[PDB]
Number of protein chains: 2
Amino acid sequence: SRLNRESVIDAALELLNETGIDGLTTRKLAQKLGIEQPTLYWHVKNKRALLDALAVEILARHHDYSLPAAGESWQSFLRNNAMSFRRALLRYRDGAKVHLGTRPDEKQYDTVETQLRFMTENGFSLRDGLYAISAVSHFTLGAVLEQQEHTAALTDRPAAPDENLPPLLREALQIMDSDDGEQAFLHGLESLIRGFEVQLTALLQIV
Amino acid sequence: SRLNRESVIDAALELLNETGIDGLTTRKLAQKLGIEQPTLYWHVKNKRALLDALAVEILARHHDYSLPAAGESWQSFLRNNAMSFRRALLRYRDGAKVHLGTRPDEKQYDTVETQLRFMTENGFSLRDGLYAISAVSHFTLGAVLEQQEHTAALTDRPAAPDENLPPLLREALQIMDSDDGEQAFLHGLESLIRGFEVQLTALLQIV
Ligand SMILES: CN(C)[C@@H]1C(O)=C(C(N)=O)C(=O)[C@@]2(O)C(O)=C3C(=O)c4c(O)ccc(Cl)c4[C@@](C)(O)[C@H]3C[C@@H]12
Ligand SMILES: CN(C)[C@@H]1C(O)=C(C(N)=O)C(=O)[C@@]2(O)C(O)=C3C(=O)c4c(O)ccc(Cl)c4[C@@](C)(O)[C@H]3C[C@@H]12
Ligand SMILES: [Cl-]
Ligand SMILES: [Cl-]
Ligand SMILES: [Cl-]
Ligand SMILES: [Cl-]
Ligand SMILES: [Cl-]
Ligand SMILES: [Cl-]
Ligand code: NI
Ligand code: NI
């Protein structure tokens, strides 16, 4: 196989879809690529370095809404950015777990600087803007992680007795399982944005 | 060692603090307890069953604010409940990762039924109430997971060059690292609650 960076990342992503993050080993990546391990080591020093790389590439390839359009409202940008982030995390098995614990890579520096600058231009202090942005990121990841781990653990876990369930919980579980979490996610996103908006527009009023 | 359920859970929790969730094996739990594996197997069939159990016990022991006080506002309850959930998740190394993908256990059924009933009593439809509650849970877990995995991965990961950082990102990173994520978390929580409140009070107005 070719072993440029781009090839290795392709094979690692496919492998991730087949095995999830705990099955994503250096030994299995070597087998997928048709090489011995010492050969892989020249290219990929360890699991951490691979995962860091994957975290960036997943967004570089599938996170299309990383920047505000010309004249777009801050509220609209957060909306579009959260939905793009969610789609990119959901594209790969354990995608959100691959993101977790990263911080912006050099390759994302200008992107992430512009996001923060754009909030300050719309009235936010840096710290308030950052808190808004972070809250969107946290909420989005928590929702995707719950969905994805729920899915992967509902194989190991046997049944769920619809018999001794109390009535609202029974109904809540039907609701929750009726889609991919998308509606719950979108409803929450709107709440979060409006909340911010109240905060910003208050200024020094007690609110 | 004694091998009642409570003992096994104690030793598993200590082990979790020492090794994190990926180091929490059946073989190491046997060593900690001074027994052979076949002995442990009689008591604990697999890693999944152990983790499910841990997820419940962590909350049973440290999540004190699971129910509304007498006459407490819905907004106040969500606030107190989110802060209690966060504290309980943060008490153990990888605690939030141990929660992830679970769903309410029989032992929590009445607790979780009362939470949902209490929201419907305050004006929420069941589905709106559930969405609010879920958004709090998701946001809380995302914040705790980012904190905790950031911490555990900032050992494997070498430095972060304060040199070529753009100015707002440099400052945002100083801000973020200034505490445990608590302030960012609390600020976001308030936004989320106010958002809900706008939604509820709108009824059928366009809002
Ligand atoms: C999902 N969205 C809000 C953000 C986004 O669109 C990103 C992107 N590359 O386009 C991010 O890197 C983000 O998805 C992302 O991952 C960010 C993030 O990790 C982060 C951390 O950990 C620490 C400090 C900062 Cl300043 C950031 C931060 C704010 O830049 C966020 C940005 C989000
Ligand atoms: C953090 N807090 C909001 C909740 C809470 O206090 C719980 C608790 N046992 O006291 C939960 O189990 C929760 O922390 C928790 O874990 C819940 C949760 O997993 C969940 C899932 O997965 C599916 C359906 C339902 Cl109806 C629930 C659910 C709403 O009951 C939540 C409740 C939250
Ligand atoms: Cl080739
Ligand atoms: Cl090559
Ligand atoms: Cl500029
Ligand atoms: Cl003993
Ligand atoms: Cl015993
Ligand atoms: Cl009742
Ligand atoms: Ni991130
Ligand atoms: Ni849960």
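The lettering of chains (A, B, ...) simply tracks the order of the sequence lines. For chain A, we keep the numbers from the PDB entry: what you see runs 2-208, in order. Just so it is clear, chain B uses the PDB entry numbers, and the residues here are 2-208, in order. Computed from heavy atoms alone, side chains included, the values below leave out hydrogens, waters and symmetry copies. Looking at the header, which is where the method is noted, we find X-ray crystallography, 2.2 Å. As the structure lists them, so they are numbered: ligands from 1, and atoms in each ligand from 1.
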According to UniProt, what is the name of the macromolecule sharing the most 4.5 Å contacts with ligand 1?
->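 Most heavy-atom pairs under 4.5 Å are with Tetracycline repressor protein class D.
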Tell me which of mifepristone, astemizole, chlortetracycline sits at ligand 1.
->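 That would be chlortetracycline.
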For chlortetracycline (ligand 1), which other chains fall inside a heavy-atom cut-off of 4.0 Å?
->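 Heavy-atom contacts come from A, B.
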In the protein, which heavy atom is nearest to atom 2 (N) of chlortetracycline (ligand 1), and how far is it?
->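 Answer for atom 2 (N) of chlortetracycline (ligand 1): A:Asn82 OD1, 2.6 Å.
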Measure the distances from the heavy atoms of A:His100 to every atom of chlortetracycline (ligand 1) and state whether one is below 4.0 angstrom.
->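 True for this residue.
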Closer than 4.0 angstrom: is that true for some heavy atom of A:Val137 and an atom of chlortetracycline (ligand 1)?
->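 It does not; every heavy atom stays at 4.0 Å or beyond.
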Overlap of chlortetracycline (ligand 1) heavy-atom contacts (under 4.0 Å) with UniProt Mg(2+) binders in chain A =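 Of the UniProt binders, a heavy atom is that close in A:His100.
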Heavy-atom protein neighbour under 4.0 angstrom from atom 17 (C) of chlortetracycline (ligand 1) |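 Within 4.0 Å: no protein heavy atom nearby.
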Which residues carry both labels: UniProt tetracycline-binding in chain A, and heavy atom within 4.0 Å of chlortetracycline (ligand 1)?
->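 The UniProt tetracycline-binding residues passing the heavy-atom test: A:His64, A:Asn82.
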Counting heavy atoms only, name the option from A:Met84, A:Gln116, B:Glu172, A:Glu114 that's nearest to atom 32 (C) of chlortetracycline (ligand 1).
->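 It is A:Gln116 whose heavy atom sits nearest to atom 32 (C) of chlortetracycline (ligand 1).
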Heavy atom under 4.0 Å from chlortetracycline (ligand 1): found in A:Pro105's side chain, backbone, both, or neither?
->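 A:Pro105 to chlortetracycline (ligand 1): side-chain contact only, backbone stays beyond 4.0 Å.
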Which other ligands or ions lie close to chlortetracycline (ligand 1), meaning under 4.0 Å away?
->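 Below the cut-off I see ligand 9 (nickel (II) ion).
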Which residues does the binding site of chlortetracycline (ligand 1) contain at 4.0 Å, with heavy atoms considered?
->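 By heavy-atom distance, those residues are A:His64, A:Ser67, A:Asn82, A:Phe86, A:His100, A:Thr103, A:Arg104, A:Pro105, A:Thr112, A:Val113, A:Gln116, A:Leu131, A:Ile134, A:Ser138, B:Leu170, B:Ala173, B:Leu174, B:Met177.
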Does chlortetracycline (ligand 1) have any N/O pairs with the protein under 3.5 Å, and how far apart?
from	atom 1	to	atom 2	distance (Å)
chlortetracycline (ligand 1)	2 (N)	A:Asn82	OD1	2.6
chlortetracycline (ligand 1)	6 (O)	A:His64	NE2	2.8
chlortetracycline (ligand 1)	6 (O)	A:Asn82	OD1	3.3
chlortetracycline (ligand 1)	6 (O)	A:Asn82	ND2	2.7
chlortetracycline (ligand 1)	6 (O)	A:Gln116	NE2	3.0
chlortetracycline (ligand 1)	10 (O)	A:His64	NE2	3.2
chlortetracycline (ligand 1)	10 (O)	A:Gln116	NE2	3.3
chlortetracycline (ligand 1)	16 (O)	A:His100	NE2	2.8

